[PDB]
Each structure stands twice: as C-alpha cells, then as structure tokens.
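Entry overview - Protein Aster-C with ezetimibe in place.
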Amino acid sequence: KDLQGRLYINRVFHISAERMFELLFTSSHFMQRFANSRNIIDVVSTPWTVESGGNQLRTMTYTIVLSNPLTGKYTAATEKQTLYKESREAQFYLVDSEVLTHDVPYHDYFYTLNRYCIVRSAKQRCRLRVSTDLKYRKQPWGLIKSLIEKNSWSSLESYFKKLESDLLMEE
Ligand SMILES: O=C1[C@H](CC[C@H](O)c2ccc(F)cc2)[C@@H](c2ccc(O)cc2)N1c1ccc(F)cc1
Ligand SMILES: [Cl-]
C-alpha cells in the first residue's frame, strides 16, 4: 500500500495508533509547534467530517515561508485529507493527503500525494509509514520536470526527517 514515488518514514514509535493520528491529523499542540518550526503560517483547518460512504474528510489552507528565493518568498497551499473507512475497519489508519501550491513557479503543473499509514503494534506502539507520489497535471517538458523534482524531493526529505525527529519527543 506504499506509494511508489518515495518512502520517507518507516518507523515504530512508542505512541499508540490513535494518539499518532491525533498528533498528526488534528489541531494538536504538536502540530502548532511543528508548524512554527517548519515556517508554516496562517493555518486554517476544518475538523474531520464523515461522508455517507464512511470515509472522513479534512481540508486545510496555509502559507509556506520558502527558503529558496527562486521559488518565491511565500506560497499559499491547500490540502485535502482523506481517512479511508476500509483501513479503520481493519484496525489501522490510512490517510491520503493531497497538497497543492498556488504561487511557486510551475505551481499549476503538479501536486503531491502523501500517504500516511499508521498500524498497531504490541504494547501501545505503532508503525508510521509515509510515502509520497509527485503527480503531474500538465506535461512537465524538459527542465520543468527536473526543477519540480529536485526542489520537491529535497524539501520533503527535510520535512519528514524533522517530523520523525519531532514525533520521537512525544513518546
Ligand atoms: O507534504 C507536505 C507538507 C505538509 C504540511 C502539513 O500538512 C502541515 C503541517 C503543519 C500545519 F500547521 C499545517 C499543515 C508540506 C510542506 C510544508 C513546509 C515545508 O517546508 C515542506 C513541506 N508539503 C508540501 C507538499 C507539496 C508542495 F508542493 C509543497 C508543500
Ligand atoms: Cl482501531
């Protein structure tokens, strides 16, 4: 069930699956601190809502303060998060997060699909797996694809390394 693009986190935490979900997918103190650390500002979120089909939905908007000047100073972003009912019936959590940016060069060419899988382990532990696909909306001819990929893979590498490290402090 991993996405084939890249596997960024695959780690067993001394955190229960439900508390993992709470830390990452609610307006938790953890995500307030993490947002500050990552220079993510002006966060607006919904709660989780429940669809007739049983999946749950959550959306967010926020601004990213960017570090590479060629990507701009800031970009607005929108996220759509889906929690799959089938995963919950199987006693785990599978969330697909789709992330779109609005201001970076070539913003209209791509979006990011991040898949978060939280599986129960003995003794109030869980395994968190996070994998990512870069998805194209327009054909990224030539240097376009090279620049999108180089910038994205490096930024996400940093982001998820810090997420894993900061989650360890919540054990
Ligand atoms: O994936 C992800 C990151 C998720 C963000 C997270 O959902 C969060 C955290 C705290 C909040 F309060 C609110 C939302 C985000 C990202 C943001 C900043 C970064 O320096 C790197 C990646 N991104 C991304 C993906 C594609 C892209 F084109 C630009 C950014
Ligand atoms: Cl469960």
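Numbers in chain A come straight from the PDB entry, and the residues shown are 323-493, in order. Quick note: numbers below take in every heavy atom, side chains included, and nothing from hydrogens, waters or symmetry partners. Both ligands and their constituent atoms are indexed starting at 1 by order of listing.
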Practice task
Point out every copy of ezetimibe in the model.
Solution key: ligand 1
Practice task
Taking only heavy atoms of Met353 into account, list the atoms of ezetimibe that are under 4.0 Å away from them.
Solution key: 8 (C), 9 (C), 10 (C), 11 (C)
Exercise for the section: Give the numbers and elements of all ezetimibe atoms closer than 4.0 Å to a heavy atom of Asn436. Expected result: 1 (O), 2 (C)
Exercise for the section: Return the UniProt domain name for the region of chain A with most contacts to ezetimibe. Expected result: VASt
Exercise for the section: May I ask whether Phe432 has any heavy atom positioned less than 4.0 angstrom from an atom of ezetimibe? Expected result: yes
Problem - Element-labelled atoms of ezetimibe that are located less than 4.0 Å from some non-hydrogen atom of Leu478 - result: 1 (O), 2 (C)
Practice task
For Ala399 and ezetimibe, answer yes if some heavy atom of the residue is under 4.0 Å from a ligand atom, otherwise no.
Solution key: no
Handout entry: Contacting atoms of ezetimibe, where contact means under 4.0 angstrom from a heavy atom of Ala357
Key = 10 (C), 11 (C), 12 (F)
Handout entry: Which of the ezetimibe atoms, numbered from 1, are nearer than 4.0 Å to a heavy atom of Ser477
Key = 21 (C)
Handout entry: atom 26 (C) of ezetimibe - nearest protein heavy atom and its distance
Key = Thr434 OG1, 3.1 Å
Practice task
Of the side chain and backbone of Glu401, name the one, both, or neither that has a heavy atom under 4.0 Å from an atom of ezetimibe.
Solution key: side chain
Practice task
State which organism the PDB entry lists for chain A.
Solution key: Mus musculus
Practice task
Write out the residue and atom name of the closest protein heavy atom to atom 14 (C) of ezetimibe, then the distance separating them to 0.1 Å.
Solution key: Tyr384 CE2, 3.7 Å
Handout entry: Nearest neighbour in protein (non-hydrogen) for atom 19 (C) of ezetimibe
Key = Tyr481 CD1, 4.0 Å
Exercise for the section: Decide whether the shortest distance between a heavy atom of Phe356 and an atom of ezetimibe is less than 4.0 Å. Expected result: no
Exercise for the section: Would you mind running through ezetimibe and noting each atom that sits below 4.0 Å from a heavy atom of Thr423? Expected result: 27 (C), 28 (F), 29 (C)
Exercise for the section: Measure the distance from atom 13 (C) of ezetimibe to every protein heavy atom, then report the residue, atom name and distance (to 0.1 Å) of the closest one. Expected result: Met382 CE, 3.5 Å
Problem - Per-atom contacts, ezetimibe versus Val421 - under 4.0 Å to a heavy atom - result: 24 (C), 25 (C), 26 (C)
Practice task
Define the binding site of ezetimibe at 4.0 Å using heavy atoms, by chain and number.
Solution key: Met353, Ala357, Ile362, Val365, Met382, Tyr384, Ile386, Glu401, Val421, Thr423, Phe432, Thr434, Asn436, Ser477, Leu478, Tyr481
